[PDB]
Undergrad: 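Provided herewith is a single structure, encoded as structure tokens, for subsequent inquiry.
Simply put, chain letters go A, B, ... down the sequence lines. Per the PDB entry, chain A residues shown: 1-99, in order. The residues of chain B that appear here are 1-99 by the PDB entry count, in order. Heavy-atom basis, side chains included; hydrogens, waters and symmetry copies ignored. Indexing begins at 1, ligand by ligand and atom by atom, following the structure's order.
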There are 2 protein chains.
Amino acid sequence: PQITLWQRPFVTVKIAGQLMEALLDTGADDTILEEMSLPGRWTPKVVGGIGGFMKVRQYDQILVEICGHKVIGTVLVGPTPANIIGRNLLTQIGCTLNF
Amino acid sequence: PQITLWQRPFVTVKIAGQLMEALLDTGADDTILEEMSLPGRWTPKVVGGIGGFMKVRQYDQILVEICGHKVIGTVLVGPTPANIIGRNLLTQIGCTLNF
Ligand SMILES: Cc1cccc(C)c1OCC(=O)N[C@@H](Cc1ccccc1)[C@@H](O)C[C@H](Cc1ccccc1)NC(=O)[C@H](C(C)C)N1CCCNC1=O
């Protein structure tokens, strides 16, 4: 798909049997999802945004189905105001900016 | 041009005679630049990101040359960790996501 940017670029994603929408975000290095049950071990991490820092749980080798495409990578889970698909996964769906 | 996302998508921008780099950011509604001297009236505003909220100065009808091409729009100025070109200006340079 080609997507213009007049609206927020949301896509549907499926992770660990659960469905949600997330923003395709070229300004994000990492992928961050709202508090959810992901099974297994994790690592404490903190991410910095525009207003300061946020504590998250880092989960590795997570399967993400993004617009149906299957990719695997690191997902951060915590009290984010928006689910964000960052470049770590965008590269895996062949995402480019064109202008 | 087409830009892949293995690295952060920085572009050179020129605003009020000053040069800087900024992130092309599909996850940003608005454009925010580090503290700089923009002449003229402004409006107090707060933007909410990850980590919380940040106070900014809102400047309207500002000319921005993004990768050499001219657009006009609102720019927020404040203590941002990164200069960010948001969708308000991305739409004006015909920016699309392709995946
Ligand atoms: C930079 C980074 C590094 C590692 C991991 C991650 C997830 C990273 O990205 C986190 C991040 O906040 N990135 C921002 C841009 C970023 C890059 C580098 C440093 C800091 C930040 C931006 O892209 C996404 C973030 C999402 C969002 C948050 C709250 C509400 C709605 C949306 N968007 C916003 O903050 C925008 C701002 C910029 C105009 N925003 C503000 C309110 C209204 N909606 C909205 O669009």
Undergrad: Provide the name, as given in the PDB, of the drug at ligand 1.
TA: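 The drug is lopinavir.
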Undergrad: Out of curiosity, which chain makes more contacts with lopinavir than the others? Name from the PDB entry, please.
TA: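 It is bound most extensively to protease retropepsin.
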Undergrad: Which other chains show a non-hydrogen atom at a distance under 4.0 Å from lopinavir?
TA: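 The other chains in heavy-atom contact are A, B.
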Undergrad: Between A:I32, A:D29, B:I32, flag the one that comes closest to atom 7 (C) of lopinavir by a heavy atom.
TA: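 Nearest heavy atom to atom 7 (C) of lopinavir lies in A:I32.
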Undergrad: How far is atom 1 (C) of lopinavir from the closest protein heavy atom, and which atom is that?
TA: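 That would be A:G27 O, 3.5 Å.
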Undergrad: Protein heavy atoms: any of them under 4.0 Å from atom 11 (C) of lopinavir?
TA: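 No.
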Undergrad: Quick one: which of A:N83, A:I50, B:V56, B:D25 has a heavy atom closest to atom 14 (C) of lopinavir?
TA: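 The nearest heavy atom belongs to B:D25.
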Undergrad: Can you tell me the protein heavy atom closest to atom 36 (C) of lopinavir and the distance?
TA: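 Ranking protein heavy atoms by distance from atom 36 (C) of lopinavir, first comes B:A28 CA, 3.9 Å.
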Undergrad: Check B:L23 against lopinavir and report side chain, backbone, both or neither, counting heavy atoms closer than 4.0 Å.
TA: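 Under 4.0 Å from lopinavir, B:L23 contributes side-chain atoms alone.
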Undergrad: Heavy atom to atom 39 (C) of lopinavir, shortest distance: which of A:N88, B:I85, B:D30 holds it?
TA: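 Result: the heavy atom closest to atom 39 (C) of lopinavir is in B:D30.
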Undergrad: Can you pull the source organism for chain B from the entry for me?
TA: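 The entry lists the source of chain B as human immunodeficiency virus 1.
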Undergrad: Quick one: which lopinavir atoms are inside 4.0 Å of a heavy atom on A:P81?
TA: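 Result: 28 (C), 29 (C).
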Undergrad: When you measure from atom 20 (C) of lopinavir to each heavy atom in B:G48, B:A22, A:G49, A:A82, which option holds the nearest one?
TA: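 Minimum heavy-atom distance to atom 20 (C) of lopinavir goes to A:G49.
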Undergrad: I need the residues around lopinavir for my notes - heavy atoms within 4.0 Å, please.
TA: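 At that heavy-atom cut-off, the residues are A:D25, A:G27, A:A28, A:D29, A:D30, A:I32, A:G49, A:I50, A:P81, A:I84, B:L23, B:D25, B:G27, B:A28, B:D29, B:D30, B:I32, B:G48, B:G49, B:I50, B:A82, B:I84.
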